[PDB]
Colleague: 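One structure, as structure tokens, below. Some questions next.
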Amino acid sequence: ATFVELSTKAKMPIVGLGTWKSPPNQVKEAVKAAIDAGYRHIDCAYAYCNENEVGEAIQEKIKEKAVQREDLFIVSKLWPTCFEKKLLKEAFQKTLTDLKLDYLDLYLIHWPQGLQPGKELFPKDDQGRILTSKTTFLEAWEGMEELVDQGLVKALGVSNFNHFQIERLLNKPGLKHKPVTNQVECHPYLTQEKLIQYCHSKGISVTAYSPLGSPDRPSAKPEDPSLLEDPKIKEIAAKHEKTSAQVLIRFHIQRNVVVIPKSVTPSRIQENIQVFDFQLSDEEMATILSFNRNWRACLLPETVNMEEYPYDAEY
Ligand SMILES: NC(=O)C1=CN([C@@H]2O[C@H](COP(=O)(O)OP(=O)(O)OC[C@H]3O[C@@H](n4cnc5c(N)ncnc54)[C@H](OP(=O)(O)O)[C@@H]3O)[C@@H](O)[C@H]2O)C=CC1
Ligand SMILES: O=C(O)Cc1nn(Cc2nc3cc(C(F)(F)F)ccc3s2)c(=O)c2ccccc12
């Protein structure tokens, strides 16, 4: 299907356009090319430093009458340096006014660990240690619930949360709006079977990020795992006359998981959403699921000892 039904009954387009690393100079035309290619969901974030330009694109396509606002599903996230309530309101406003929108369809806690407030996204002492803060995501959640009550955000969600962190949120006393999504890394080398089963059991959808392995991530060592070059994935793509990137995106669609490939190249943006005219067989899905390597593409070793570091839990 072309969407994943959320618990609120809102339909989240299953293929969205990722924007991390897209330069401010190139993201406006890339979002316009994606909307022309049928994309109706754009993943954004205050931390990506390009929301203003993404806003310019949406505003132009709505002004040109190519689509209405309700046809789109815009997602942004709250960076952990802004969990405190006063800072949360200021950050959300910066994200909403940069995007030039009346409301967001989905706002997510970006990472579960609160970081020191300030101008930097990664505050650090002199020895390179990333500075944390004690304000939790539960406190930040209350500020986010207010935005929903103010009609500025339709729904809330979390990102990079393990099941213990989602349980704390679902068990929060006085919880007013449940999370409708948990955005995490997911691809054939990190299949997330237990986390996806847990989220679906709670009525929480999952959005898979870095579906192509994030080849353009900072400091990627060329010898690390390459999903786009894996011959085993190329073989299955050839059986369907599709590319490896199209198989990597169709994989999530067949698990009822939203996926958000990133690209500032119009031909690839088109190629990445031409995944609705074929289906991976049951045997092909089992083979791809067997490629799991519990491999995450972008790690920060300085975050491993943090209190909310999310990767060492079972799921
Ligand atoms: N919540 C979180 O913590 C995180 C969320 N995300 C989100 O997920 C999105 C996607 O993940 P991301 O890490 O960016 O990496 P992706 O796995 O989407 O890969 C992006 C890279 O793949 C290239 N590419 C895209 N399509 C193709 C294709 N068909 N063939 C070959 N190369 C292709 C792009 O090149 P080019 O652009 O030049 O076309 C770019 O270099 C992010 O942009 C962001 O929105 C990502 C990480 C973390
Ligand atoms: O954030 C994006 O969307 C992409 C993203 N991912 N990563 C890897 C990260 N790993 C983390 C781990 C924690 C932790 F919670 F574990 F502490 C906290 C924060 C991070 S950022 C980055 O290093 C990064 C830097 C700038 C802009 C975007 C990103």
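The numbering of chain A matches the PDB entry: 1-315, in order. The way this entry was determined, per its header, is X-ray crystallography, 1.7 Å. Every number for a ligand or one of its atoms is a count from 1 in the order of the listing.
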Colleague: Which drug does the model show at ligand 2?
Modeller: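 Found there: zopolrestat.
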Colleague: I keep wondering which chain grabs zopolrestat (ligand 2) the most here. What name does UniProt give it?
Modeller: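 It sits in most contact with Aldose reductase-related protein 2.
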Colleague: So is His110 touching zopolrestat (ligand 2) or not, going by heavy atoms under 4.0 Å?
Modeller: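 Per 4.0 Å heavy-atom rule, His110 contacts zopolrestat (ligand 2).
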Colleague: Within the 4.0 Å heavy-atom shell around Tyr309, which atoms of zopolrestat (ligand 2) are there?
Modeller: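 Answer, ordered by atom number: 16 (F).
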Colleague: Taking a heavy-atom cut-off of 4.0 Å, which of the residues UniProt lists as substrate-binding in chain A lie that close to zopolrestat (ligand 2)?
Modeller: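 Short answer: the UniProt residues with a heavy atom that close are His110.
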Colleague: Under a 4.0 angstrom heavy-atom cut-off, which atoms of zopolrestat (ligand 2) come close to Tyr48?
Modeller: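 Under 4.0 Å from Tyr48, zopolrestat (ligand 2) has these atoms: 2 (C), 3 (O).
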Colleague: Heavy atoms only: which of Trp79, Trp111, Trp20, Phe122 is nearest to atom 25 (C) of zopolrestat (ligand 2)?
Modeller: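 The nearest heavy atom belongs to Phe122.
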Colleague: Which of the atoms in zopolrestat (ligand 2), numbered in the order shown and given with their element, are less than 4.0 Å from a heavy-atom of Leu300?
Modeller: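 The atoms of zopolrestat (ligand 2) under 4.0 Å from a heavy atom of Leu300 are 9 (C), 10 (N), 11 (C), 20 (C), 21 (S), 23 (O).
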Colleague: Report the part of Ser159 in contact with zopolrestat (ligand 2), treating N, CA, C, O as backbone and CB onward as side chain, heavy atoms under 4.0 Å; options are side chain, backbone, both, neither.
Modeller: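 Contact part for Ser159 vs zopolrestat (ligand 2): neither.
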Colleague: Please identify which atoms of zopolrestat (ligand 2) are closer than 4.0 Å to at least one heavy atom of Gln113.
Modeller: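 Answer for zopolrestat (ligand 2): 15 (F), 17 (F).
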Colleague: What is the nearest protein non-hydrogen atom to atom 17 (F) of zopolrestat (ligand 2), stated with its residue, atom name and distance?
Modeller: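 The closest one turns out to be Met306 SD, 3.4 Å.
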Colleague: Decide whether the shortest distance between a heavy atom of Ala45 and an atom of zopolrestat (ligand 2) is less than 4.0 Å.
Modeller: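 Under 4.0 Å: no for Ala45.
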Colleague: Can you list the zopolrestat (ligand 2) atoms lying under 4.0 Å from a non-hydrogen atom of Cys298?
Modeller: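 Here the atoms of zopolrestat (ligand 2) in question are 7 (N), 8 (C).
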Colleague: Under a heavy-atom criterion of less than 4.0 Å, does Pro310 contact zopolrestat (ligand 2)?
Modeller: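 It does; at least one heavy atom falls under 4.0 Å.
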Colleague: If you look at the UniProt active-site residues of chain A, which one is closest to zopolrestat (ligand 2), and how far apart are the nearest heavy atoms, to 1 Å?
Modeller: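 Closest UniProt active-site residue, heavy-atom distance to 1 Å: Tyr48, 3 Å.
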Colleague: Find all residues with any heavy atom less than 4.0 Å from an atom of zopolrestat (ligand 2).
Modeller: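 Counting heavy atoms, the site comprises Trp20, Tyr48, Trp79, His110, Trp111, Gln113, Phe122, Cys298, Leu300, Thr303, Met306, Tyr309, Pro310.
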Colleague: Distances under 3.5 Å, N/O of zopolrestat (ligand 2) against N/O of the protein: list each pair and its distance.
Modeller:
{"from": "zopolrestat (ligand 2)", "atom 1": "1 (O)", "to": "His110", "atom 2": "NE2", "distance (Å)": "3.1"}
{"from": "zopolrestat (ligand 2)", "atom 1": "1 (O)", "to": "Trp111", "atom 2": "NE1", "distance (Å)": "3.0"}
{"from": "zopolrestat (ligand 2)", "atom 1": "3 (O)", "to": "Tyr48", "atom 2": "OH", "distance (Å)": "2.6"}
{"from": "zopolrestat (ligand 2)", "atom 1": "3 (O)", "to": "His110", "atom 2": "NE2", "distance (Å)": "2.8"}

